[PDB]
Chemist: 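Looking at a complex of tolcapone and transthyretin here.
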4 protein chains.
Amino acid sequence: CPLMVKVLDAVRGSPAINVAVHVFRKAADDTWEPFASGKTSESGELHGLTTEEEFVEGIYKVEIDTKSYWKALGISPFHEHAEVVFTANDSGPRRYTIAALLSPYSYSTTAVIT
Amino acid sequence: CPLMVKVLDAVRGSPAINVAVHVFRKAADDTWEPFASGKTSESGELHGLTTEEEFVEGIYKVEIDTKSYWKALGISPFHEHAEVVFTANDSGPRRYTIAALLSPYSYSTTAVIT
Amino acid sequence: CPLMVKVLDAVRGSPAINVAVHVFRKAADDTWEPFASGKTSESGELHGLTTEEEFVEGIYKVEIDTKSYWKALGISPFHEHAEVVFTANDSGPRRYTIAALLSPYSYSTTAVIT
Amino acid sequence: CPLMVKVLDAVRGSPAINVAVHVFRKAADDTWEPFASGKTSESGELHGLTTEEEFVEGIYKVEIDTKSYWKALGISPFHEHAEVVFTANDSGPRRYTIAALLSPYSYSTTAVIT
Ligand SMILES: Cc1ccc(C(=O)c2cc(O)c(O)c([N+](=O)[O-])c2)cc1
Ligand SMILES: Cc1ccc(C(=O)c2cc(O)c(O)c([N+](=O)[O-])c2)cc1
């Protein structure tokens, strides 16, 4: 599995379960094409987004829809979502984990690449 | 000054000087309109982005063009940029500082609201 | 002012006001000597910790007592405090801002050096 | 496995492999007793630190010796180490993952509790 997303909740100290994640790929157009999407599991992880055949060199944007999540825990947040834009597979295919740590007024994101 | 952006470099432990910052506002269209832009100063700060007259309730996206910055320090980074999407002035006008801490494979962003 | 500490609250999106901060310096003993302390102001900042005469090369530990702060906002946190250990003035005297961003189950710390 | 530590490198976008981790527990003395220690594996993870029998309610400090790690990648860092102090098992036994994301001038730490 070449691209996985993991999301953590800094407020409850737990995985963020059932969070919506959308992945876009920048086309030759200079437009964002919808690439893949899904919701995180009980472990805060989302696997099965894509296959190594489909996941080519390019510029990707990962959007994590965090505002719904925060409402659903009784919280009126501030961000519309968390977004991460990165270039992928530039050096040949890699395994990428894009991880996000969420708080109402802040977030951190990191890529772990193997 | 109702909206200011501050950018820090986690690699050199210093302000990120002369970084490009673009602000967009979501229009009734559901399109991003260009709202304001500029480059950070020697202190890593960008003031004068807007006036309190122009800075109304709405959804804003702040894009920090970090890839140029990292190249200019001799570094091939991973993100195309850092992006922060948030709703503003929902509760009446506030002063917003959107701060970003940059590393090649990671970033953190926070809003400080007064 | 050669050493300043700034503390932000990721939960309320605001400065952390009236937070206790203790600074220790490692002695020849290999013991921590109490070096300086104080509480953050309404801006989340603590200035006047030391003078450039007193702030010599050495290993320092900055401890931010965050648990009291979180209780005082109605919150039972997880960390006893945030701690940052660093070597100072190794390359000649600098101005150091040690900044901390707090959440109940997480924190980030950075040094900005001039 | 009730306590595990994971360490990530924000500079290389990878796990931090073979990093030293020491765990201390605050005794009735108000002294830190050495509780457990080990080095992270190729995945940046350290398991087998303790057993659920030994891991009781108390105040723990996790110290990650990051300075050696940064030297070993050709880097003169700033922190002596990363330290996390927290209260454990206060509400009955939990599984705790203490995760740390490292950069030369910054770090973030979070607890994920199950
Ligand atoms: C995500 C993040 C975390 C920490 C910092 C940060 O270190 C910082 C430092 C400052 O001197 C300062 O004035 C502010 N601010 O006003 O927000 C932030 C900046 C961004
Ligand atoms: C402070 C911080 C922020 C983000 C990460 C982080 O990126 C991360 C990545 C993982 O694959 C993973 O399994 C976990 N975890 O279990 O906690 C954390 C780690 C630490």
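In this entry the chain letters A, B, ... are assigned according to the order of the sequence lines. Numbers in chain A come straight from the PDB entry, and the residues shown are 10-123, in order. Following the PDB entry, chain B shows residues 10-123, kept in their order. Shown for chain C, in order and in the PDB entry numbering: 10-123. Here the PDB entry sets the residue numbers for chain D, with the shown residues being 10-123 in order. Scope of the values below: all heavy atoms of this structure, side chains included, with no hydrogens, waters or symmetry mates. Numbering of ligands and ligand atoms starts at 1, following listing order.
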Chemist: At a 4.0 Å heavy-atom threshold, what other chains are in contact with tolcapone (ligand 2)?
Modeler: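 Chains with a heavy atom under 4.0 Å: A, D.
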Chemist: Which species does the PDB give for chain D?
Modeler: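 Per the entry, it comes from Homo sapiens.
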Chemist: Suppose I only count heavy atoms of A:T119 and a 4.0 Å limit; which atoms of tolcapone (ligand 2) are within that range?
Modeler: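 Under 4.0 Å from A:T119, tolcapone (ligand 2) has these atoms: 7 (O).
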Chemist: Got an N/O contact under 3.5 Å between A:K15 and tolcapone (ligand 2)?
Modeler: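 N/O-N/O distance below 3.5 Å exists for this pair.
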Chemist: Looking at D:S117, which atoms of tolcapone (ligand 2) are within less than 4.0 Å of one of its heavy atoms?
Modeler: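 Selected atoms, number and element: 1 (C).
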Chemist: Only heavy atoms of D:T118, strictly under 4.0 Å: list the atoms of tolcapone (ligand 2) that pass.
Modeler: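 Going through tolcapone (ligand 2) atom by atom, the ones under 4.0 Å from D:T118 are 1 (C).
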Chemist: With a cut-off of 4.0 Å, which atoms of tolcapone (ligand 2) are near a heavy atom of D:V121?
Modeler: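 Checking each atom against D:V121, I get 17 (O).
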Chemist: Could you find the nearest protein heavy atom to atom 8 (C) of tolcapone (ligand 2) and give me its residue, atom name and distance?
Modeler: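 Heavy-atom neighbour on the protein nearest atom 8 (C) of tolcapone (ligand 2): D:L17 CD1, 3.8 Å.
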Chemist: Any protein heavy atom lying closer than 4.0 Å to atom 20 (C) of tolcapone (ligand 2)?
Modeler: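 Yes, there is one.
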Chemist: Which UniProt L-thyroxine-binding positions in chain D have any non-hydrogen atom closer than 4.0 Å to tolcapone (ligand 2)?
Modeler: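 By heavy-atom distance, the UniProt-listed hits: D:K15, D:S117.
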Chemist: Any idea which residues from other chains are within 4.0 Å of tolcapone (ligand 2), non-hydrogen atoms only?
Modeler: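 Within 4.0 Å on heavy atoms: A:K15, A:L17, A:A108, A:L110, A:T119, D:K15, D:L17, D:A108, D:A109, D:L110, D:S117, D:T118, D:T119, D:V121.
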Chemist: Show me a pair-per-line table, with atom names and distances to 0.1 Å, of protein N or O atoms that are under 3.5 Å from an N or O of tolcapone (ligand 2).
Modeler:
residue              : atom   : partner : partner atom : Å
tolcapone (ligand 2) : 11 (O) : D:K15   : NZ           : 3.0
tolcapone (ligand 2) : 13 (O) : A:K15   : NZ           : 2.3
tolcapone (ligand 2) : 13 (O) : D:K15   : NZ           : 3.3
tolcapone (ligand 2) : 16 (O) : A:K15   : NZ           : 2.8

